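Structure follows of brexanolone associated with Gamma-aminobutyric acid receptor subunit alpha-1.
Order of sequence lines = order of chain letters (A, B, ...). By the numbers in the PDB entry, the shown part of chain A spans 6-308, 458-487. Numbers in chain B track the PDB entry; the residues on display, in order, are 233-308. Shown for chain C, in order and in the PDB entry numbering: 227-318. Just so it is clear, the values below take in all heavy atoms, side chains as well, and ignore hydrogens, waters and symmetry mates. Both counts, for ligands and for their atoms, begin at 1 and track the order of listing. Method reported for this entry: electron microscopy, 2.7 Å. The entry is not shown in full; contacts are counted within the portion that is.
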Amino acid sequence: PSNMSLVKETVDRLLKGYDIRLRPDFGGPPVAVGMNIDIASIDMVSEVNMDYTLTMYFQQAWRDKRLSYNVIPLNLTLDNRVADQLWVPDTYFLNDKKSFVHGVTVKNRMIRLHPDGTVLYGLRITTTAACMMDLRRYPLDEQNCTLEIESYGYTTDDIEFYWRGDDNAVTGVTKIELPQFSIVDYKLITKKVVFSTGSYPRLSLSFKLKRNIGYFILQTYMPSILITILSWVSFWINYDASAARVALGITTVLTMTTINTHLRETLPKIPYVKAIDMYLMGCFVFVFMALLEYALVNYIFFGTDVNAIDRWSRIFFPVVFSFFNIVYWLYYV
Amino acid sequence: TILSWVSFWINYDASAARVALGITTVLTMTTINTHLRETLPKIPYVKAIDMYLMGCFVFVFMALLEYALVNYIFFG
Amino acid sequence: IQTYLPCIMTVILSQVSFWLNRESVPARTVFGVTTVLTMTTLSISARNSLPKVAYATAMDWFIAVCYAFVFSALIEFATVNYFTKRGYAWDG
Ligand SMILES: *[C@@H]1O[C@H](CO)[C@@H](O[C@@H]2O[C@H](CO)[C@@H](O[C@@H]3O[C@H](CO[C@H]4O[C@H](CO)[C@@H](O)[C@H](O)[C@@H]4O)[C@@H](O)[C@H](O[C@H]4O[C@H](CO)[C@@H](O)[C@H](O)[C@@H]4O)[C@@H]3O)[C@H](O)[C@H]2NC(C)=O)[C@H](O)[C@H]1NC(C)=O
Ligand SMILES: *[C@@H]1O[C@H](CO)[C@@H](O[C@@H]2O[C@H](CO)[C@@H](O[C@@H]3O[C@H](CO[C@H]4O[C@H](CO)[C@@H](O)[C@H](O)[C@@H]4O)[C@@H](O)[C@H](O[C@H]4O[C@H](CO)[C@@H](O)[C@H](O)[C@@H]4O)[C@@H]3O)[C@H](O)[C@H]2NC(C)=O)[C@H](O)[C@H]1NC(C)=O
Ligand SMILES: *[C@@H]1O[C@H](CO)[C@@H](O[C@@H]2O[C@H](CO)[C@@H](O[C@@H]3O[C@H](CO[C@H]4O[C@H](CO)[C@@H](O)[C@H](O)[C@@H]4O)[C@@H](O)[C@H](O[C@H]4O[C@H](CO)[C@@H](O)[C@H](O)[C@@H]4O)[C@@H]3O)[C@H](O)[C@H]2NC(C)=O)[C@H](O)[C@H]1NC(C)=O
Ligand SMILES: CCCCCCCC/C=C/CCCCCCCC(=O)O[C@@H](COC(=O)CCCCCCCCCCCCCCC)COP(=O)([O-])OCC[N+](C)(C)C
Ligand SMILES: CC(=O)[C@H]1CC[C@H]2[C@@H]3CC[C@H]4C[C@H](O)CC[C@]4(C)[C@H]3CC[C@]12C
Ligand SMILES: CC(=O)[C@H]1CC[C@H]2[C@@H]3CC[C@H]4C[C@H](O)CC[C@]4(C)[C@H]3CC[C@]12C
Ligand SMILES: CCCCCCCCCCCC
Ligand SMILES: CCCCCCCCCCCC
Ligand SMILES: CCCCCCCCCCCC
Ligand SMILES: CCCCCCCCCCCC
Ligand SMILES: CCCCCCCCCCCC
Ligand SMILES: CCCCCCCCCCCC
Ligand SMILES: CCCCCCCCCCCC
Ligand SMILES: CCCCCCCCCCCC
Ligand SMILES: CCCCCCCCCCCC
Ligand SMILES: CCCCCCCC
Ligand SMILES: CCCCCCCC
Ligand SMILES: CCCCCCCC
């Protein structure tokens, strides 16, 4: 128990007369605050809220002469509550919408004082960071979502940020398994953002997510392709069968527009036209033209050659649809 | 289920009519069942409402197969 | 009773069209189109329960096979109608 008393005396000395209101090297050079992330998971990448939920082990390391000790050789890992008695950088995520440090069992914090004065301060943070997504090529789109770590109150004359370990500062991104996304790349940037109050350091952790297209084949593309192929069946029914061909046509057209509306209602009310919208409207053109082809057939007959029109449609509709698919997929993939 | 039975008073030589009526009735039975079950949790057993909906589905499907049987006895 | 039974019932519905006379073009056509549309909406609804996983689940394969069955039932009716040499059906 003697070493316990020695460590108690050392920590009591460290916290005695400690001005939490004053940063390290106050009235001096900016304190270098290194950072390193451990991405626990990326979840809830939702375009309706234009955000993504990021769970991470956010570590910051900074020198502090006031927290330097030399009697004890080992590194003191203190109870997390001591973080309330220590100066910590006032970092924030500029695009954060709703964040929290995890609660159970205790506050998910780590404080580790090293003999040289280095403070390793870690948090387990779940942050719903805002990511404004460009859905013009959705679902065949790459989204560049960022986390903007910045010092709120301290300018570059009072604090500096750097990725501790350079490109090795952020880890665990590869092990992330998003349901409908693939994280093809991630990048770390150090900037100096200027506001009217001064110039502040900035760390930008940017993930370039790539959306997986397999699910959208199952739910979005294949049903509409099948409905178009079904609408092509009306060309194989003789022109006299008005009820059958008209029912086939209107059922296909209405189901197409219903599919488009149902899919677009889930997504946000973005004004521009997406890639899925482009494909759905293109196939709506095909099915509506099938219905209008029967309309032309009926008018031309009632109001040999009509069999010619029906036969030419019977082969040109799949060919033109296949060329539409060629152009669309070549442009977007 | 009541309007499924009006197919029986329709003329036998009205396939486009009776078939459409029975199809609409059975598909609506399926839609009602799914809409009711969506509100409830993913409960893995049949409830009383479930068993009544299933019985009425069996009845409307039987009416549709009654027209099928009449058509196959007359034509086929 | 939410996906598998509806899919089996719509497949058996599409297989009712085979017992209707070939001349009833509107009836078998509405049979096929309604079964196909029901299969489409069932496929769309089934995916809504689980996440947007890229791969296909066993439910997806069962739905795909049922979709192939109903689509082929309509294609079969179209083939029958192609060789339907007369419009008027049996009488007397
Ligand atoms: C209390 O805490 C301190 C600080 O962490 C510990 O001291 C450090 O222990 C680490 C062990 O991980 C040492 O790191 C190793 O240093 C080797 C020499 O590097 C020199 O040069 C670098 C240049 O930046 C200096 O930062 C460093 O201090 C040294 O002067 C490297 O060769 C090692 O590289 C690799 O090592 C293994 C594989 O061998 C890998 O697993 C590593 O990830 C790494 O890739 C490694 O970096 C470090 O030298 C120690 N001193 C420091 C940081 O000043 C104490 O041990 C700890 N005391 C306890 C726990 O009782
Ligand atoms: C936003 O985020 C900030 C983070 O900085 C939060 O601010 C901290 O909030 C916590 C919780 O409210 C504060 O913790 C409080 O510390 C007080 C001082 O503790 C010292 O002194 C006492 C004796 O006076 C010692 O016992 C202790 O060990 C320290 O040496 C305590 O007096 C407070 O006690 C209250 O809570 C306890 C919980 O067990 C009760 O039992 C008590 O009866 C009493 O109600 C409390 O522990 C902390 O000081 C705040 N600042 C910092 C820098 O951490 C904000 O709360 C959060 N939200 C908002 C809206 O700002
Ligand atoms: C997600 O999207 C964000 C957009 O916000 C991207 O972040 C930007 O990335 C770009 C490119 O990485 C940054 O732009 C510049 O990067 C340079 C990298 O070095 C190259 O260029 C220099 C100069 O041409 C070459 O000498 C060198 O060999 C490399 O080829 C930096 O060097 C740049 O900094 C310099 O220019 C600026 C502006 O002139 C000066 O202020 C600096 O002092 C310095 O002289 C510059 O940073 C850009 O900074 C990033 N942030 C933005 C735009 O806010 C992400 O990369 C992207 N991520 C993914 C995964 O897609
Ligand atoms: C360039 C490459 C582009 C690539 C795309 C390829 C596009 C090309 C595809 C074009 C469509 C193929 C039909 C072309 C011929 C139609 C005309 C015709 O009627 O011909 C004949 C019948 O027609 C047949 O022989 C039927 C063969 C096609 C049936 C395929 C069904 C399979 C469904 C699978 C779907 C499952 C969906 C799976 C999900 C994905 C006979 O015609 P006729 O009546 O006797 O008149 C001629 C006689 N006269 C000359 C005297 C007048
Ligand atoms: C002669 C002929 O082929 C007929 C066959 C089908 C007809 C179209 C149907 C839809 C109509 C909507 C509005 O009434 C405007 C005219 C409109 C586009 C029509 C133009 C003439 C068509 C093509
Ligand atoms: C002869 C006769 O009465 C006809 C009238 C209607 C027909 C049924 C329709 C549905 C079918 C689904 C599958 O094709 C398996 C067989 C299946 C149950 C058929 C059995 C024979 C029936 C009853
Ligand atoms: C601004 C983009 C408008 C796109 C309109 C739909 C295009 C469909 C083409 C169908 C070709 C047959
Ligand atoms: C964005 C301005 C309106 C663009 C309209 C394009 C319409 C093309 C439709 C072609 C279908 C035959
Ligand atoms: C709006 C009318 C659509 C008609 C489409 C006909 C396609 C084939 C044309 C062949 C002409 C001989
Ligand atoms: C798509 C435009 C078709 C124009 C056809 C003109 C028909 C004129 C009436 C005489 C034959 C029906
Ligand atoms: C019969 C051909 C129909 C269109 C085929 C789709 C082509 C997909 C290209 C994907 C990009 C590599
Ligand atoms: C990368 C995804 C490629 C999907 C291509 C689908 C092509 C369907 C063509 C249907 C033509 C009838
Ligand atoms: C497992 C419980 C069975 C659910 C379906 C009940 C159908 C019975 C009623 C049929 C009346 C003809
Ligand atoms: C909902 C997605 C269904 C995909 C299955 C495709 C079925 C192809 C039909 C083949 C008929 C011969
Ligand atoms: C291409 C869309 C499906 C068409 C199915 C009809 C096939 C008819 C075959 C009988 C003619 C030989
Ligand atoms: C488990 C009982 C099913 C009853 C089915 C009635 C005839 C289709
Ligand atoms: C109920 C189906 C079997 C009997 C049909 C009528 C006689 C072939
Ligand atoms: C567990 C019983 C399932 C019944 C499936 C319906 C067969 C026509």
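The ligands or chains attributed to brexanolone are ligands 5 and 6.
Other chains with one or more heavy atoms under 4.0 Å from any atom of brexanolone (ligand 6): B, C. Within 4.0 Å of brexanolone (ligand 6) on heavy-atom distance sit the residues B:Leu297, B:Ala300, B:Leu301, B:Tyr304, C:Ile238, C:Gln241, C:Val242, C:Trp245. Counting atoms of brexanolone (ligand 6) from 1 in the listed order, those under 4.0 Å from a heavy atom of C:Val242 are 9 (C), 10 (C). Annotation: atom 9 (C) of brexanolone (ligand 6) to nearest protein heavy atom, B:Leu297 CD2, 3.6 Å.
Looking at atom 13 (C) of brexanolone (ligand 6), its nearest protein heavy atom turns out to be C:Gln241 OE1, 3.3 Å. Protein heavy atom in closest approach to atom 3 (O) of brexanolone (ligand 6): B:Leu301 CD2, 3.1 Å. Per the PDB, molecule name for chain B: Gamma-aminobutyric acid receptor subunit beta-2.
Here is the list of brexanolone (ligand 6) atoms found below 4.0 Å of a heavy atom in B:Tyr304: 1 (C).
Proximity of atom 16 (C) of brexanolone (ligand 6) to the protein is not indicated, since no non-hydrogen protein atom lies closer than 4.0 angstrom.
Within a 4.0 Å radius of atom 21 (C) of brexanolone (ligand 6), the protein contributes one or more non-hydrogen atoms. Closest to atom 19 (C) of brexanolone (ligand 6), if we only count protein heavy atoms, is C:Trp245 NE1, 3.7 Å. Close contacts of brexanolone (ligand 6) with C:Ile238, meaning ligand atoms under 4.0 Å from a residue heavy atom, involve 12 (C), 13 (C). Closest to atom 6 (C) of brexanolone (ligand 6) among all protein heavy atoms lies B:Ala300 CB, 3.6 Å.
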